[PDB]
Amino acid sequence: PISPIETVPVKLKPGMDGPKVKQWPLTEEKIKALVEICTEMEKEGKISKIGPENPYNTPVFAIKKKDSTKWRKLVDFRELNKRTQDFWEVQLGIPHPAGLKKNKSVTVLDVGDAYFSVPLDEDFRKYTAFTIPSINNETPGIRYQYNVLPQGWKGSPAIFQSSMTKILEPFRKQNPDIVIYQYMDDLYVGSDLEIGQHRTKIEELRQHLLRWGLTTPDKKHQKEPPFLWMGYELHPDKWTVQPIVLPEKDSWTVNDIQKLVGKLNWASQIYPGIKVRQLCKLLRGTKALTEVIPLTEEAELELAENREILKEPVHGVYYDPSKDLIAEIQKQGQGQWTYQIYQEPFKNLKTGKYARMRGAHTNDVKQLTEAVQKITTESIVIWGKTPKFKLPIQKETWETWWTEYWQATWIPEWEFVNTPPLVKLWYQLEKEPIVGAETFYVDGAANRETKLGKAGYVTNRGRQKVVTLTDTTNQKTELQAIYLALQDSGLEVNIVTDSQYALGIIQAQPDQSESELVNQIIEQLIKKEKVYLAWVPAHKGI
Amino acid sequence: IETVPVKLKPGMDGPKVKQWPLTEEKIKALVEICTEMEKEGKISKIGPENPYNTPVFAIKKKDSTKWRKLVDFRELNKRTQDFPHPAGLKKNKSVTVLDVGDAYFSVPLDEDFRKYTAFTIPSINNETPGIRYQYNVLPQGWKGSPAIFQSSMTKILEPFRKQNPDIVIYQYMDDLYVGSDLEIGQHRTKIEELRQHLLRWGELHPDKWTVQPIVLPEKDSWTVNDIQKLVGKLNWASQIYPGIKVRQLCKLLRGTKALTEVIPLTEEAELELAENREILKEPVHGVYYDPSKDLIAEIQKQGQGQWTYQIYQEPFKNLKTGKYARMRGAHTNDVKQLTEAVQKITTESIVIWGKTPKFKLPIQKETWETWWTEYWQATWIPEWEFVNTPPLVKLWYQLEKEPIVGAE
Ligand SMILES: Cc1ccnc2c1NC(=O)c1cccnc1N2C1CC1
């Protein structure tokens with residue numbers, strides 16, 4: 001059943017030419033078969049014999065399709081695909097489950113080998129040439145070519161897709177209240193019509209395609225809800241999450257653990273609470289991928305406590321456009337955030353978590369911020385809109401922080417939710433010097449090459465110290481200086497430094513960094529009651 | 001009409017830029033707009049055989065409540081082959097901008113170049129495949145467009161030109177800048193006249209843009225800190241004016257004394273300072289625009305709704321500098337202010353050098369990417385990079401002067 005649809009012009013990449021690869025030798029069994037199979041689609045008009053005026057060739061194979069001790073074929077276009085032009089979005093991103101709306105019914109039609117229903121650009125066909133050898137390479141091979149979109153070829157989907165989209169426009173319009181989703185060779189149709197109506201329509205549709213030689217399976221040979229959408233299990237009115245099965249195991253190999261933490265990490269998105277910390281520790285030093293690792297007891301408790309989480313399956317709802325979108329956030333730890341999106345409290349649409357690699361230097365609020373952002377993007381992609389937010393941060397806190405931060409930042413319409421732990425400013429450098437406080441003039445220098453440094457200070461109150469450092473660096477010395485100063489200061493301190501990095505802290509006032517040293521200071525700062533940090537040009541008289 | 005052939009700079013290939021996700025409302029708007037343009041044959045749905053793409057999106061201008069379709073041909077423009085700016089409106093007493101993008105849609109576009117204008121309306125949640133279009137006429141926002149339509153354009157205007165040589169008319173893409181020193185009465189009226197003149201075929205204030213000097217603080221009594229701060233600033237600032245000196249001052253700063261401690265100035269320092277205040281009374285010498293080099297714009301957030309910027313071609317050699325206060329209403333959102341700011345500064349760049357600056361923005365790419373479009377209101381889109389404001393450059397310009405009272 002071929003189709004009467006205009007072919008999409010297809011041409012090879014810039015200045016390249018058709019495939020020219022040799023045909024493997026075949027058994028009496030692998031040749032007999034392909035001769036039969038090909039003679040089939042041959043009569044079907046799918047392929048056509050070609051003479052020696054075609055210098056191209058693709059390697060044909062023969063594998064006996066499992067669950068059928070019968071033979072089937074397949075061609076290797078790897079080369080052709082290399083030489084074929086590109087097309088646009090062969091998959092502009094998959095619609096996510098939280099973005100759908102409930103329907104009374106959702107049928108799914110396997111257009112199937114509709115790929116072979118769509119006619120290939122007459123001109124291009126020549127490149128699809130392939131050969132069926134003969135026993136003793138006596139008589140030449142029987143040559144063919146595709147007159148229709150071939151399985152495995154680059155342009156196939158793209159073309160099939162658009163073709164489809166065309167064939168579907170008219171029906172779509174006649175039936176606006178119906179929803180079709182074209183994906184691969186599967187046609188997802190849903191509606192809010194009463195069943196009988198729905199049924200009739202699918203039939204109406206089914207016949208529509210059919211008018212285009214587009215054969216699809218009847219109501220007695222379709223697939224039925226739930227529908228497994230990579231990850232989720234889908235029912236016209238709701239979706240679910242598996243649950244996931246953790247293989248209870250004997251010995252654990254590195255590779256195994258990895259694959260494990262993977263599945264696990266994937267899950268934390270839905271089941272926050274999941275933890276893979278100690279499990280991750282089992283990789284440290286791992287010499288080979290197949291070496292077995294003694295699962296530490298800490299690892300047992302964790303791996304265990306996870307199976308439990310993955311017991312309770314997960315139910316979710318679909319998107320109701322009639323309702324606002326609410327996104328709530330939680331800080332599970334330093335750098336970790338959880339969020340859930342729902343319309344009706346507890347009726348979750350979507351959820352997830354994020355681990356924030358401290359990186360150079362951040363602060364919780366900033367991170368909070370980045371979360372929102374990410375979230376906001378996700379939302380839009382799915383709902384074409386952004387969620388009103390519920391955040392564990394007070395408005396005062398936020399206002400204090402952003403109006404003064406050096407970088408431009410923003411949080412869409414949001415509302416504080418008093419769900420501890422709230423994000424707060426761990427500290428704040430005074431805007432001006434502290435009257436009646438020690439003043440520490442700090443300095444630290446290190447020989448770049450020998451890595452020998454000295455850190456120290458002296459105060460207006462006469463106090464002084466100094467330290468010799470081995471295997472250090474300058475930035476470190478500098479900081480160190482500041483560190484000591486904080487160390488020996490007392491609840492109120494004024495610290496003056498010519499450090500470039502100190503200029504950084506002043507400006508970003510980070511509450512976390514990759515540098516253990518910095519962190520050391522961060523902690524110290526938090527401890528102080530009031531700190532005033534000042535910077536002065538280096539090597540000047542000061 | 002007979003269409004002029006447009007080609008890409010040799011070696012270049014068409015744009016293949018991914019469409020950013022759009023909010024529902026926009027997508028709708030766009031669809032609407034596009035189905036219409038299609039009827040009118042301006043654009044035509046394309047297939048997949050075409051692999052090129054450019055981002056699109058909608059916006060609304062202040063005083064506009066009708067959704068306008070904007071495209072980002074930046075990439076394309078860069079790849080499109082090449083083919084005059086007066087210094088008058090620079091001085092004009094007033095300038096009015098006009099949107100003449102509508103013209104282009106009259107002129108057809110060379111067929112072989114249409115492919116490259118491919119753009120894609122997205123679908124929420126990827127429910128449906130994208131809706132691929134392509135232009136059949138001159139695209140607004142494209143560089144080739146004001147180019148090709150140059151002729152007709154000039155004609156159309158000559159009568160207004162010739163009967164009013166006391167008026168400057170500058171075109172930069174979809175807009176036309178009309179300047180005159182004629183008081184508002186005659187300006188506005190003459191502009192509307194001009195509109196009619198155009199319709200027939202089918203306020204800015206240039207000088208009140210003076211660079212502000214860097215005024216230094218003055219105290220009755222200075223403290224250790226005050227000085228240290230002042231010194232720090234000066235020392236840095238000496239990369240612009242080498243005339244500045246800071247030794248006398250640094251002298252008083254020798255000795256481990258409390259920041260709050262008060263220090264009286266040595267007559268020597270007092271001069272030193274006085275002397276620097278002088279050097280700072282005027283923009284550094286030797287700074288001349290170089291058409292052959294890129295114009296750069298940095299912006300520093302100053303908090304409180306304030307922002308400072310400097311346009312320059314070589315670091316420290318600022319052609320222009322300025323401060324910007326948030327528009328009434330953006331009382332809570334930086335991006336809004338920041339985008340607004342961007343638009344204003346680009347404008348002047350245009351007015352002045354008839355050229356868009358490359359922006360160095362104090363925001364994280366993601367933040368910017370996610371919301372700029374939301375508050376954009378200009379047919380053009382400048383180039384940008386994301387940065388980390390040095391603490392110092394920020395303190396320095398914070399020091400710029402302001403009117404004693406303002407504008408009343
Ligand atoms: C996999 C998939 C992708 C996009 N949409 C859908 C589906 N499948 C469904 O089973 C489904 C379930 C609920 C709502 N829409 C759904 N459908 C819509 C088509 C009826």
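A note on names: the letters A, B, ... follow the listed sequences, proteins ahead of strands, and every chain is numbered from 1. Just so you know, ligand 1 is whichever comes first in the structure, and atom 1 is the first atom listed for that ligand. No hydrogens, no waters, no symmetry mates; every other heavy atom, side chains included, goes into these values. When the header is checked for method, it gives X-ray crystallography, 2.9 Å.
Going by the PDB entry, the chain with the most contacts to ligand 1 here is HIV-1 RT, A-chain. Looking at ligand 1, the drug among zidovudine, phencyclidine, nevirapine is nevirapine. Other chains, heavy atom under 4.0 Å from nevirapine (ligand 1): A.
For chain B, the entry uses the name HIV-1 RT, B-chain.
Heavy atoms under 4.0 Å from nevirapine (ligand 1) belong to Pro95(A), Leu100(A), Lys101(A), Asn103(A), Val106(A), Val179(A), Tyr181(A), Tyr188(A), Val189(A), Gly190(A), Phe227(A), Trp229(A), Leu234(A), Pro236(A), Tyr318(A).
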